[PDB]
Every structure is written in C-alpha cells, then in structure tokens.
Protein chains: 2
Amino acid sequence: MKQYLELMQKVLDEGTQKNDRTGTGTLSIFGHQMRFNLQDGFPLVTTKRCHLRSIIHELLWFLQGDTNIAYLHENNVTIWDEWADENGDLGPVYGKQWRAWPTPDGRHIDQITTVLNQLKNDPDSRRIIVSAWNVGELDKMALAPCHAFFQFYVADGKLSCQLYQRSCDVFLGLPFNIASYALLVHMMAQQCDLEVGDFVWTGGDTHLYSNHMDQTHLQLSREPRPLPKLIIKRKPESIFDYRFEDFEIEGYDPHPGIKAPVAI
Amino acid sequence: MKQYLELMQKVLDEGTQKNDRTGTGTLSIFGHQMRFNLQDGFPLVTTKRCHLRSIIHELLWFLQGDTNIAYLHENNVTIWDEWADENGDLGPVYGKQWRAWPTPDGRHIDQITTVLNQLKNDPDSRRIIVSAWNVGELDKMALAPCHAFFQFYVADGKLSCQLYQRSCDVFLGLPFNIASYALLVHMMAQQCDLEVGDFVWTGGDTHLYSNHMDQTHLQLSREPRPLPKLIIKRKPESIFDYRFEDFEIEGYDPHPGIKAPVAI
Ligand SMILES: C#CCN(Cc1ccc2[nH]c(N)nc(=O)c2c1)c1ccc(C(=O)N[C@@H](CCC(=O)O)C(=O)O)cc1
Ligand SMILES: C#CCN(Cc1ccc2[nH]c(N)nc(=O)c2c1)c1ccc(C(=O)N[C@@H](CCC(=O)O)C(=O)O)cc1
Ligand SMILES: O=c1ccn([C@H]2C[C@H](O)[C@@H](CO)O2)c(=O)[nH]1
Ligand SMILES: O=c1ccn([C@H]2C[C@H](O)[C@@H](CO)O2)c(=O)[nH]1
C-alpha cells in the first residue's frame, strides 16, 4: 500500500545507520505516523503476499490471555518459535498484560473487558486504553513489547484506534502489525455496534535491516493493488469467542510472497 | 509557534463535537504528530505569553518523585490545586511512576535513572522508555496521566524524544507540555554529553474546549515571533540536582497573554 511504501522509501532516503543488539545493522528513523481509513478497505499489503492465518491466530491467542506457543503450534503458526523457553513459554507478554495486568496487591486488571465496557457505557472517554508496557514485568519477558500501547476513540458512531509501536521492522513485522490491529478494530466495532473509523499507526525507532535491502528494492518497484474487504461471517456472543473460521478477505490479489531472513 | 497554530486550525477545520467528563463540550480530532527541532530554538509559544516559572517547577517536582503540592505552593505554583485533596495530595501520578513504579514483587523501578544508564551505556537501544501509565494504580490517581508514555532516541550525537499524549487540551495544556518535555530533553542531553535533536509530539484525543473558541481565533490571528533560547548556567552532578536558577530564557518577546477557564 502507498502509505507503507512511502515509509520504506523514507527509511532508505533518510535513515541513519545503527548497530543493533543482533549485530545485523539497521537503517533507522525515529517518529513516524500513518493513517488508514478502514472504510476504504482492509489494510493488508498487496505488494507482497501476506499470510493472514498467522496474523489472526496470534491475535486470538492474545485475547485469550495466553503466553505459551502451544495454541499457535496446534494451528501450524511458527512466528514465536525462537523466543519460547523449553516449555513453550514467553513470560508475561501481550496476552497476560491485556487480560490480567497484575497489581502489587494480588489482584488482576482485565484491560480488554474494561475497554469493551468503556466503549459501551462511556464512548466519549479519552482513557480507552490498553498497555502492554508493564515496567514491573519487562525483566520476566522473552522480548519487550514492540506494539506497546494503544488507544480507542469514538466520534460519529465510528471506532478509531491508534497504536504506539516503539520498535518496528518495516519489511517483516510492520505488515503483520497493521493487519492485526485493523482486525481488532473490526472485532471491537462489531461487538460494540459501531462503524469502523481510522487505524492510526505511530512509530518510535522505525527501521529496515541491512540484509533486507534487496527485498525492499524488489517490493518498492511493485504497484499497489486495491485493498481487500474483511467479512466477519458470524457475530460471536463476546470478543473472546471468535474462531479462525469467522474471517474472510474478498478481493485480495497480491504480488508474489518475497522471502526474507529473520533477525534474532 | 507555526506547528502549534497549524494544529489549532486543524482541530477547527476537521474536529468533531464531543461531549466530555467535565460536561463543557470539545472540538476534537484523533491522532496527530509534530516535530520540534530543538537546535532551532526553545519551543515556548510566542503568540500568547506563557508562564515559565510553573513549567520549570513542575518538571523539577516530577523529577524528585513528589506527588504532593506543598513544594509547588512554596514556589507560588497553583496549577495543580483543583485536583489535590485536603492534604495537598494527588495520588501516585507522574513523579511517583517516574521514580518508583511498583512491581508485583516488592520492588520499585526508577525509570529516570534507568533511562540515563541506557543513554550512557546503550544509546542505540530501542527500549529507552518511561511510562506513567500504570494500569494497576490509575484508580488511586487524582487524574489519569495525560502525557503518558515517552521514548528517547540517539542518532548523530543528538538526543531526541517522542511523547505520546493521550488527551490534550490544545489551548491551555499543550503550550505547557511541549516546553516541559523540551526542557527535560536539554537536561538529559547535558547530563549525557549529547547535543539536542528533535522533540516529537504525538497526540491521541487532541481537543479544543467550547469555551476556548474566541481565545483560539484571537491567538490564531497573530504572527509567531522569534523563538527563545535556553541557557543552562551549570552542569549539576545528576539530573536530580537542577535548580530553577540554573535556567535562563533569552529572547522571549511574546504577544499579550490570553486568559481562559480550566475545565473541571
Ligand atoms: C510483528 C509480528 C509478529 N512476529 C513476531 C516478531 C518477532 C521478532 C521479530 N524479529 C525481527 N527481526 N523482525 C520481526 O518483524 C519480528 C517479528 C512475526 C514473526 C515472524 C514473521 C515473519 O518472519 N514473517 C514471514 C513468514 C510468516 C508466515 O509464514 O506467515 C513473512 O514472510 O511474512 C512475522 C511476524
Ligand atoms: C499541562 C499541564 C499542567 N497543568 C495541569 C492540568 C490539569 C488539568 C487540566 N484541565 C484542563 N481542562 N486543561 C488543562 O490543560 C489541564 C492541565 C496545567 C494547569 C493549569 C494551567 C493554566 O491554567 N495555565 C496558566 C495560564 C497561562 C499559561 O499558559 O502560561 C496559569 O494560569 O497558570 C496550565 C497547565
Ligand atoms: O510485533 C512486532 C515484534 C517485533 N518487531 C521487530 C522489532 C525489532 O526489529 C525486532 C525485535 O523486537 O522485531 C516488530 O516490528 N513487530
Ligand atoms: O499534562 C496535561 C494534563 C491535562 N491536560 C488536559 C487534558 C484534558 O483536557 C484535561 C484533564 O486531563 O486537561 C493536558 O492537556 N495536559
């Protein structure tokens, strides 16, 4: 898509070369925002074939409050493999924080139930937020949260969402993150009987890895096609019981997949 | 300032009317970003006169870990009085989260000295973050954190910072919030022997209150003046040892002050 390809070109034209924790090397910029009107289509990139079943299984895994890759393995999704301990655990990452933020006093906060109840009982609230940046638990995590903090907003019957992503792999992780959160806004709007508005993406250290330069140049020479449409086949009795079968994308015609080395 | 007056005009041209917890009513946009190059000048608005005293004393108060207004009273700062209880207390707001975020197991994390240690030993980290958004303590706070989350970045010997502000009173609070953070970026750069880079402001619910519209069009009819210059007269032993007198603003020639009521 055009917003995405523009950001790729901006990192190649303006990026500063940095040494990163993996010793791979990076071209980097700081501070970027992009806006996706969800009325205009599902923001799934078309200049390379994205694999939607990993995106939706990971999100359903987050909403169930789970931090073990077993569910993901039952569904053949491999994305979290090299960050899990010998027992399949990643520590209190996203799922644990969304569904059960631990207080110092033993209790737990369910930020997703809280956000649902806010959108239904108080839509004008300027605090409809969920954070995964639990400073008291970052130590205990296999990886610190990249998509750290997000906020929902309602205006004329429409639900918007803004993500703060502190660390972004433009070639590999960012297509995956945009579609994952656009999916969540569609699920939330359906449970809350609202229309979809904008998905706003804001990034911190926004970067392209040195060994992704050829892959980037190939994608950057491809023309963006029309965006797909997301069909949610049934309306579940809560945001905690959607299943892989409920989601469909008509009109998705992408360019070939493009393989790229993952950095660990 | 140019960026600032452009934002006021954007929420006027594109904002939608919203009801809010204070009952006052607001014009509102969601999702905005702007960049202040701190090498160009200190970003203190010139289209109306701003009170530096309260900005500097509130930052110094935050950095001490203090959440009681007694300090602010010893210095004639009354900006936090409406929210403070009978004992001068605001609950675990900014100062406490910044200096002593409580973990699930007894511990307390000082996010400011962690950030200083990362800028010295690891300035290319993508994790140099301070969060005030402690989900576990929100209900003990006088008010939920508006300037909620921020991130530092280093590139060509320069320190940059991006703030996510979830709720923003564009007329009354935002002049205060960008001078406060630009000041923190100069204090941090001075401590780490870095030069100043960019302050990136990102807003969630960015708004103008209904009873601020004539003041806003009044300000908006004024040409921005030359941006002031910050002179720090001393290099203290630590970020916690700065004093009001160490800072001098040079060349601040603002248009007349404009009074406006605070929403409850
Ligand atoms: C973001 C996020 C979640 N994640 C987690 C995650 C964890 C560590 C990371 N590390 C690095 N260096 N980059 C990433 O983008 C990244 C992403 C993902 C993990 C892998 C792929 C990936 O390699 N994508 C391939 C194949 C995926 C598939 O078969 O579906 C692709 O071609 O798209 C995508 C997302
Ligand atoms: C942001 C922040 C901290 N705060 C805290 C804070 C708390 C609640 C709020 N509530 C509302 N509705 N708007 C705010 O901007 C706001 C700000 C402030 C509080 C008061 C003033 C204020 O009245 N301003 C000056 C007027 C002139 C000037 O701007 O210089 C004053 O009289 O002191 C500014 C900042
Ligand atoms: O959801 C995610 C997770 C990780 N990353 C990137 C950030 C950095 O490049 C590396 C490790 O966090 O993978 C993303 O872009 N998105
Ligand atoms: O740092 C601050 C604190 C408060 N506000 C505004 C937000 C909202 O309009 C009201 C209450 O949080 O005051 C700001 O803009 N900045």
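Note: chain IDs run A, B, ... matching the order in which the sequence lines appear. The residue numbers of chain A are those assigned by the PDB entry, with the residues present covering 1-264 sequentially. For chain B, we keep the numbers from the PDB entry: what you see runs 1-264, in order. For ligands, and for the atoms within them, numbers begin at 1 and follow the listed sequence. In what follows, every heavy atom counts, from backbone to side chain, and hydrogens, waters and symmetry copies are set aside.
- Among all chains, the one with more heavy-atom contacts to ligand 2 than any other is, according to the PDB entry, thymidylate synthase.
- Of the drugs CB3717, NVP-AUY922, RBN-2397, the one observed at ligand 2 is CB3717.
- In contact with CB3717 (ligand 2) at heavy-atom distances under 4.0 Å, by letter: B.
- Atom numbering of CB3717 (ligand 2) starts at 1 in the shown order; those under 4.0 Å from a heavy atom of B/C50 are 30 (O).
- Scanning the protein heavy atoms around atom 28 (C) of CB3717 (ligand 2), the nearest turns out to be B/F176 CE1, 4.0 Å.
- Atom numbering of CB3717 (ligand 2) starts at 1 in the shown order; those under 4.0 Å from a heavy atom of B/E58 are 3 (C).
- Where the criterion is an N or O separation shorter than 3.5 Å, residue side chain and backbone included, B/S54 fails it with respect to CB3717 (ligand 2).
- Checked by distance only, CB3717 (ligand 2) and B/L172 stay at 3.5 Å or farther apart across all their nitrogen or oxygen atoms.
- For atom 7 (C) of CB3717 (ligand 2), a protein non-hydrogen atom is found at a distance below 4.0 Å.
- In this structure, atom 26 (C) of CB3717 (ligand 2) is not in close contact with the protein, since no protein heavy atom lies within 4.0 Å of it.
- Here the heavy atom of the protein found nearest to atom 14 (C) of CB3717 (ligand 2) is B/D169 OD2, 3.7 Å.
- The protein non-hydrogen atom at the shortest distance from atom 1 (C) of CB3717 (ligand 2) is B/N177 ND2, 3.3 Å.
- The source organism field of the entry for chain B says Escherichia coli.
- Distance screen at 4.0 Å: atom 17 (C) of CB3717 (ligand 2) has no protein heavy-atom neighbour inside the cut-off.
- Residue contact check: B/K259 has heavy atoms under 4.0 Å from atoms 32 (O) of CB3717 (ligand 2).
- Close N/O approach between B/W83 and CB3717 (ligand 2) is not found [any backbone or side-chain N/O within under 3.5 Å].
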